[PDB]
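The model below depicts Membrane-associated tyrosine- and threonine-specific cdc2-inhibitory kinase holding saracatinib.
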Amino acid sequence: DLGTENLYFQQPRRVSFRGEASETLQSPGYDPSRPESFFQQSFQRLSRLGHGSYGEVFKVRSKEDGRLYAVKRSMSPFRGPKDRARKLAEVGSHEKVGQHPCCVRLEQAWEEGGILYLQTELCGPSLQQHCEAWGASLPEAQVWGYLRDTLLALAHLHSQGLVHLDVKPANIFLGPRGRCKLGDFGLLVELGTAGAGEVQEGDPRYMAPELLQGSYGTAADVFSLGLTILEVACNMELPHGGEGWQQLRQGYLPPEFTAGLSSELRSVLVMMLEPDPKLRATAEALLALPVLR
Ligand SMILES: CN1CCN(CCOc2cc(OC3CCOCC3)c3c(Nc4c(Cl)ccc5c4OCO5)ncnc3c2)CC1
């Protein structure tokens with residue numbers, strides 16, 4: 001596709017599949033004739049929230065409004081048109097999701113020097129970070145709300161034919177008094193549009209079993225959330241592979257870690273962890289249960 005096109009082998013510009021009034025960037029503190037990047041000139045860099053092969057996430061203060069944000073910056077200039085398209089897809093997916101109280105809000109995005117910058121609202125800690133700070137299983141009173149909020153997010157995605165494909169503790173973010181937002185939309189696919197195939201794999205700890213056979217559907221996210229909540233509620237490390245990975249995808253809940261679950265929460269997780277995606281409860285069906293209203 002892009003690989004056989006004459007797009008190979010070739011000044012900040014706004015990135016947006018919903019063109020706003022001009023794609024030239026401006027800000028207090030920014031002069032395009034100075035050599036520093038828009039990101040360097042237009043933000044106070046406060047701390048690094050994360051890093052990896054993808055690049056880095058920074059906590060920043062905007063010079064435009066003085067508010068705090070999270071900016072993700074890719075590691076190196078685009079390898080080529082397919083690499084560029086893959087990274088820009090995160091912006092498109094954020095815009096497909098749009099405004100929802102339980103989804104992370106995208107403020108703006110731009111490219112400069114082959115680097116993609118994604119500016120979102122700054123959220124509270126991820127569930128992974130919150131569990132690390134707690135040092136123990138999270139109380140079920142909290143967990144029920146995290147489950148409900150993230151199911152509301154998934155119901156929103158799934159109603160638009162979108163599959164997140166990488167739901168995990170590290171991209172569900174706390175908020176005000178115990179509300180959660182789902183973020184990290186880099187692997188999200190629009191069913192029927194991706195024609196893929198070329199779909200990347202999420203974290204193997206939370207991967208739905210049917211994805212091994214290439215059966216992609218909204219049900220995959222319900223399974224991933226099931227194991228996300230299992231991990232959070234039981235302080236249980238999940239296997240990347242091996243026999244334990246298989247057991248969790250055969251309807252098995254290890255007694256060593258899960259005996260402390262209430263029957264109510266266990267029963268909901270059993271619905272979400274159904275190995276057969278055709279029998280697995282939907283986000284909307286789970287939200288209709290009295291326990292989750
Ligand atoms: C010292 N701690 C004080 C509390 N503070 C809480 C807020 O932490 C975050 C962390 C984020 O990302 C890390 C979480 C786990 O994955 C690695 C990074 C946030 C985040 N990440 C993010 C992701 Cl995962 C994907 C795309 C993005 C992102 O920002 C902009 O575009 N986004 C928003 N808020 C975050 C708050 C931690 C430090």
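Residue indices begin at 1 and follow the sequence shown. Quick note: numbers below take in every heavy atom, side chains included, and nothing from hydrogens, waters or symmetry partners. We count ligands from 1, going down the list as the structure has it; atoms in each ligand are counted the same way.
The organism that the entry gives for chain A is Homo sapiens. On a heavy-atom basis, rounded to 1 Å, the UniProt active-site residue of chain A that sits closest to saracatinib (ligand 1) is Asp166, 9 Å. When heavy-atom distances to saracatinib (ligand 1) are checked against a 4.0 Å cut-off, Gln129 comes that close only through its side chain, counted from C-beta outward. Remark: saracatinib (ligand 1) and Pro125 share no N or O pair separated by less than 3.5 Å (distance only, no angle test). Of all protein heavy atoms, the one lying nearest to atom 15 (C) of saracatinib (ligand 1) is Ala170 O, 3.4 Å. Among UniProt domains of chain A, the one with most residues near saracatinib (ligand 1) is Protein kinase. Taking UniProt's list of ATP-binding residues in chain A, a heavy atom lies under 4.0 Å from saracatinib (ligand 1) for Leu49, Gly50, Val57, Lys72.
The protein non-hydrogen atom at the shortest distance from atom 20 (C) of saracatinib (ligand 1) is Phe173 CZ, 3.7 Å. With a 4.0 Å heavy-atom cut-off, saracatinib (ligand 1) is reached by the backbone of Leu49 and by its side chain too.
Residues of chain A that UniProt annotates as binding Mg(2+) and that have a non-hydrogen atom under 4.0 Å from saracatinib (ligand 1): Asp184. Around saracatinib (ligand 1), within 4.0 Å by heavy-atom distance, are found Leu49, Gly50, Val57, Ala70, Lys72, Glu90, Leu118, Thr120, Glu121, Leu122, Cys123, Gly124, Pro125, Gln129, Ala170, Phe173, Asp184.
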